[PDB]
Every structure is written in C-alpha cells, then in structure tokens.
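Minodronate complexed to Farnesyl pyrophosphate synthase, as determined in this entry.
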There are 2 protein chains.
Amino acid sequence: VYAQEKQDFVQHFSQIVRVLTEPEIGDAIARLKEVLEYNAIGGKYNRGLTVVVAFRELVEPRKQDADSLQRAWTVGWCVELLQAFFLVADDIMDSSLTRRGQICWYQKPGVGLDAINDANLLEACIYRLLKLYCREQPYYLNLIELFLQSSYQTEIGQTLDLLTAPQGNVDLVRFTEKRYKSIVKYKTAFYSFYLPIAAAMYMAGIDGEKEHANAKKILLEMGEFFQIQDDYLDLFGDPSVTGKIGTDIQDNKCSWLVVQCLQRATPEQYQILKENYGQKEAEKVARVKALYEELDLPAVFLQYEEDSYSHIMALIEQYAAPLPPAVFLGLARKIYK
Amino acid sequence: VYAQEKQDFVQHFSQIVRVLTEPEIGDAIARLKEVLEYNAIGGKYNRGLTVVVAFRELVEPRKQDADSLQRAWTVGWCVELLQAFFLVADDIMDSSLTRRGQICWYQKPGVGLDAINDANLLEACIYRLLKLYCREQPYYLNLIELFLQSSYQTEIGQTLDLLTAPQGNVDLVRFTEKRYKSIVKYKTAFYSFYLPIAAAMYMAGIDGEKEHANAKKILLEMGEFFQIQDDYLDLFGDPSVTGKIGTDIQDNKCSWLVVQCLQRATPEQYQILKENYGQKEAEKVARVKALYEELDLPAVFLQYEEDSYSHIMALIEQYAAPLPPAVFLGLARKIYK
Ligand SMILES: O=P(O)(O)C(O)(Cc1cnc2ccccn12)P(=O)(O)O
Ligand SMILES: O=P(O)(O)C(O)(Cc1cnc2ccccn12)P(=O)(O)O
Ligand SMILES: [Mg+2]
Ligand SMILES: [Mg+2]
Ligand SMILES: [Mg+2]
Ligand SMILES: [Mg+2]
Ligand SMILES: [Mg+2]
Ligand SMILES: [Mg+2]
C-alpha cells in the first residue's frame, strides 16, 4: 500500500526541485539543486510516503481531487526535506563516512563545512513549499507549527544525544535505560512517525487535541523501536543494505546496545567495555563487538523486536479509533519487516 | 533614542532566557541556556532595539500597553536570536577566531561541531517565542513568514558568499561589483535592517505591500553600506572595538576591499594580489594589506561612506512617507556614526 505508491511519490521529486529552483542568485539556486539532488534522494522515502498513504486513508475520496493530492505529495516531500536537513548536520557531528550508499555530503571534496549552510537551506525549503502549495488551506498554520515544533523537539533530542556521548570522555554510568528512552523520544520519535501522520491528520481536518495525543501514544512507541533497531543495525547491520558505516562505538554513543551490554556485564566485562569504548582504533571497536556477541545481544534484540511489535499492536487496538487502524498497520508492517 | 532604551531591552534578556528554559530534557535545557547566554549576549543589540524603537514610533501610544510592549521586546529578542543562529554557523564556516570579544563558540574546548545543533536550537527559539507571546495577535503569521523568509534569503546570500570564496582557489575575476552587490543584498541587507523594521510594521498593522516595498528601498541600501563597512573593518578595524579578528583575505572572500582593489590595480599589482590572496600565511595577508594601503582604499572607503550617507538620506526623503522619517533617521544615525 506503500510499495504501490512510491514510484509516483518519488517521481514527483523532479517537480519539487523544479519549483524550488525557479538571476543574481542563479549560482545559489544551482547549488540548492545540487544539495537537494544529493541529499533528499536515495533513501526509502517511508516518512514522506506515510503522509501520502495516510492522507488517502483519512480524507473522503471525493475531497481527494488533483490539487489536494498534489498538496499531499508536497507535504510528504516536506517531511523528506526535514529528514535531509537533520541528516546532513548529523553526519558532520557524528563524524560519519557514508549515507544512502555514497560518501556523506560534508566529506565531498569541496563541500566540507559549507554543508552547514546547505542543511539550513534544506530546512528553509520546507516552509517555501508550504507557502507555495498550502498557504490558502485552513491547515496552513497547523502545518507550519507542526514542522517547527517537530524540529525543536528533534534538536533537543540531538542535544541529549551529543551531551551523553562526549568525545574522549568515557563515562559508562551515564548510559542508562531511562536516559536512553528520553534521547530517542526526542531525537527520533517525533519527526519520524508522529510528524508525517500528524501532518496528514491536520490536512484531513483532524485537529482535535485528544485525537493527536492518541495517535502519539502509538507513534512515539513505533519511533522508539525504530531507533533501537537503528542502533542495533549500526554495529550488526550490513552496510550494503543500510547504506551507511556505523560510528556509535567510536563516537561514544548511548546506544541501545551499550545500555543492554551494561545491564548484563560482569564487573570484568565492565572493564573491557570501559577500556575499549569511545575510541577510534578498529582493534578496540572489534573488542566491544565481541563482548556484545559474548552477551548474545543480537538474540536480545530479536526478542525485543518481537515484544515491541506485540506492544505496538496492543496500542493500535487501544488507541487507533476513530482512525482507520490501517493507517497504523501499514506503517508497522513497513518498520517491523 | 536607542541609547535611552537599551538597558531596558537588554534587561529583558533574563526573562527571555527564563521562559525558554521552562525533567527528562533538563540537560538539554541547561545547554540551551548556556548557548543563549554565550551567543545572544555581548553585541550592540541595534537590530533587536530597532524593533522596539520602531514599534513605539509606529503604534499609537494608547495601544502601547504593558503586553504590547512586552511583545515588542520579545520580537526584538527574536531578531537577536536570528542573528545569533547565523553568526554561530558563520564563524564555523569562516574559520573565525573571536566574536563579541571572546573565542567563537565552536572554538570552545568541548563544543566544536556540536555548535551546529546549538545554532539550530537558537533558530528554533525564535518561533517558540513567537508562539508564546504573539500567537493570538492578528500579525502572528505575518511575523512567522517574515522570519522564515528572511532566513531563506540570508542562506541564499550565505550560499553566494561561500561559492564566490572557495578555499585554495584563487580566481580574482569572480570578484566584481555586480557580484558583490548581490552577495551582500542577500547575506546581510534582509535580516539586518529590513527584518526588524518590517516586523514592527506588521506589529503596527502596517502590512501593505507598497508600504513594505518603500521601506525596503531605504533599508536594503542601508544594509548594503553596513556590509561594506563590515568588510572594511575586517582589515582596518581595531579588534578591541569590533570584538572580532578578521579573516576575509585568508578566507578568499569577495570583500568590498578586494573588489575596489581590483578596480584600481596595475597589471603588476594584480599579480601581487593573486599571488598573496586567499592564503593563511601572515606574510601574504600583510602584503595584500599593504597593496590596499598603496591604493588608498581607506580614503576610498571614507569617501564612499559620505556618498552613501547622502544617498540614504535622499532615499529617506523619497520613500519614508507616510512613516515617521525618524524611524529611518534613528537607524541611519546609529550605523553612520
Ligand atoms: O546517523 P543515523 O542515521 O544512524 C541516526 O539514526 C540519525 C538520526 C536519528 N535521529 C536523528 C535526529 C536528527 C538528525 C539525525 N538523526 P543517529 O541518531 O544514530 O545519528
Ligand atoms: O563574520 P562577520 O561578522 O564579519 C559577517 O558580517 C557575518 C555575516 C554577514 N551576513 C551574514 C549572514 C549570515 C551569517 C553571518 N553573516 P561576514 O559576512 O563577513 O562573515
Ligand atoms: Mg546522531
Ligand atoms: Mg548519525
Ligand atoms: Mg544510528
Ligand atoms: Mg561569512
Ligand atoms: Mg564571518
Ligand atoms: Mg565580516
């Protein structure tokens, strides 16, 4: 229901790029186009697609005219651009090497820290598109405020991520479950699943407070799992599938893995972790990975995935209504594949 | 009329910081407070003050109640935060050393490229304040759109700045007057003088298109001069007054000085510039400065300042009405001091 809506979502990028790219600022426009083409393309588009899919499912098909549907694709593309803005900056700050199957933008010869302003431009495009396509709609300001507030929450999460993961500075006692859950709520949960569903809600005239809170209850939990998965895949994923080289151990991250490791470790295993975590030497990173395997963390992850799936399902049963459960079911099929 | 309104503008920062700083995200809130205190303080506050001053001058004193005035200080503080967000990022990208009399935030031990997310947070605070204080006002959306569009224009200017000034890559023929004027229009003119005056207009219910275009005609020119001055002061200013070490020559910038140099230089002077521009060696930078002095660029700047002042004055006579000319006069007194 996604799979049979992509290529058309993806096909529309060319039109997104064309309107954003319409004499003195020509060189700047040409660089924006480069930035958009390198950084908003090559991922799974599940976040932008979710706006489109949910919009079809929430709006009476008789309001689903040609212009309404165009606004849906645009707002979905807005969500993709929000992602792109954050990832460009996140790769700089995480010292990452590849993303989406190619070198990180900032690693490109001749880009480097210019990418900071490139990221800002991507953000700015969100609001340019919103004005261009949605300014006359009753939900215009709901959407603006949703994107801005989603960004604020994400940056507060990015702040906790980076605080709790200081370079050169082991301190494993920081890395707790309570801490972990807060980081990922803010850095991932809001802008990943709440944002795109909430956007389609607003566009559908569903603006109730209580209805947004109920959608949250499900979507924030989905987002938590998705970040736990992302952390597991950072060490245990195949870079040719994920499209990126993992950095969590060297970056001293409060990864779900290091939290689960800490819950399990013998005092002697503690010392091996502390001696080897947070450092750039492949040797030391390999030692951490072998401790994690010693501790059967891959099996612990597979069990958590099953229990989290059942949990999200429980939550859909409690909280979906009066929204079509398919809204939440489609999404959950996509993330727990 | 500024001078006798500062300390009260400045005094209000403590309240700005307090509301933005009101359990899981505590560490992140504490870091936001640090960021705000380091980066939004220690400048001249002329941009934020202009919102306050212009608001008093445009709004009938009987609408100027306690809440209206509080909104004015807040929106002025919004303009200061926009500045702060841009400068934090600009210092990274310009490889700068000091700002406002202290080391650049990103140069702080233990900050570094975390400052990218700190800058984003500063941006986000703009819109948090707008919601907190202005959400019920008829000009709420005018203001949001003004700040967002001001940011977009500034980032397009930052894009031209950085394109035209590539590291390691002399090409002096890029550095033209036409090019220069476009860079500075976008990177400085909009968010420096148009923004704060326009904000006070909107808050005063002055939302006419034509009235905003007329205010622009004056304010965009003021902003151009202000950037020409900034460039002159980069090489010829006293760092204990400006509060910052200059980087333009080493950063290979399309500075007004290098443009004026190029207009004047003997073919042999051309080669000295080309041989020495855009490089980190103090020796080579000193050679550029001595060419500029050879060419009497300080005298050329002083003459341009006088002619630009007379021009802006001409423009105030043409375009101020029906706004109080004092709006524009106060500002011009402050910048051509
Ligand atoms: O690098 P990835 O792709 O593994 C990563 O997942 C990227 C990520 C997660 N949440 C955010 C929020 C803002 C910017 C990037 N974000 P992580 O959090 O692990 O850096
Ligand atoms: O570093 P300064 O203070 O000399 C500088 O004037 C800073 C500056 C001017 N215009 C902008 C726009 C966005 C961010 C910074 N901006 P410059 O343009 O010369 O970098
Ligand atoms: Mg990260
Ligand atoms: Mg990352
Ligand atoms: Mg990751
Ligand atoms: Mg600059
Ligand atoms: Mg600079
Ligand atoms: Mg400068």
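Going down the sequence lines, the chains are called A, B, C, and so on. Using the PDB entry numbers, chain A covers 9-30, 36-350, in order. Since chain B takes its numbers from the PDB entry, the residues it shows come out as 9-30, 36-350. Heavy-atom basis, side chains included; hydrogens, waters and symmetry copies ignored. Counting convention: from 1, in listed order, for ligands and their atoms alike.
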Which ligand numbers or chain letters correspond to minodronate, including copies? ligands 1 and 2
At a cut-off of 4.0 Å, which other chains have heavy atoms near minodronate (ligand 1)? A
Closest protein heavy atom to atom 18 (O) of minodronate (ligand 1), given as residue, atom name and distance to 0.1 Å: A:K200 NZ, 2.5 Å
Find all atoms of minodronate (ligand 1) within a distance of less than 4.0 Å from any non-hydrogen atom belonging to A:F99, and give their numbers and elements. 13 (C), 14 (C)
In terms of residue, atom name and distance, what is the protein heavy atom nearest to atom 8 (C) of minodronate (ligand 1)? A:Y204 OH, 3.9 Å
Does A:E168 reach minodronate (ligand 1), in the sense of a heavy atom lying below 4.0 Å from it? no
Could you tell me which atoms of minodronate (ligand 1), counted from 1 in the order shown, lie closer than 4.0 angstrom to a heavy atom of A:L100? 7 (C), 15 (C)
Heavy atoms only: which of A:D243, A:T167, A:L95 is nearest to atom 5 (C) of minodronate (ligand 1)? A:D243
I'm curious which other ligands and ions end up under 4.0 Å from minodronate (ligand 1) - can you check? ligand 3 (magnesium ion), ligand 4 (magnesium ion), ligand 5 (magnesium ion)
Which residues in chain A does UniProt mark as Mg(2+)-binding that also have a heavy atom less than 4.0 Å from minodronate (ligand 1)? A:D103, A:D107
Taking only heavy atoms of A:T201 into account, list the atoms of minodronate (ligand 1) that are under 4.0 Å away from them. 9 (C), 10 (N)
Applying a 4.0 Å heavy-atom criterion (strictly less than), which segment of A:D107 is in contact with minodronate (ligand 1): side chain, backbone, both, or neither? side chain
Once you restrict to heavy atoms under 4.0 Å, what part of A:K257 touches minodronate (ligand 1)? Side chain, backbone, both or neither. side chain
Which UniProt dimethylallyl diphosphate-binding residues of chain A, if any, have a heavy atom under 4.0 Å from minodronate (ligand 1)? A:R112, A:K200, A:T201, A:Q240, A:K257
Identify the protein heavy atom lying closest to atom 1 (O) of minodronate (ligand 1), giving its residue, its atom name and the separation to 0.1 Å. A:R112 NH2, 2.9 Å
Considering the heavy atoms of A:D103, write down every atom of minodronate (ligand 1) situated less than 4.0 Å from one of them. 1 (O), 7 (C), 14 (C), 15 (C), 20 (O)
Which residues lie close to minodronate (ligand 1), i.e. with a heavy atom under 4.0 Å? A:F99, A:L100, A:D103, A:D107, A:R112, A:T167, A:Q171, A:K200, A:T201, A:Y204, A:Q240, A:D243, A:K257
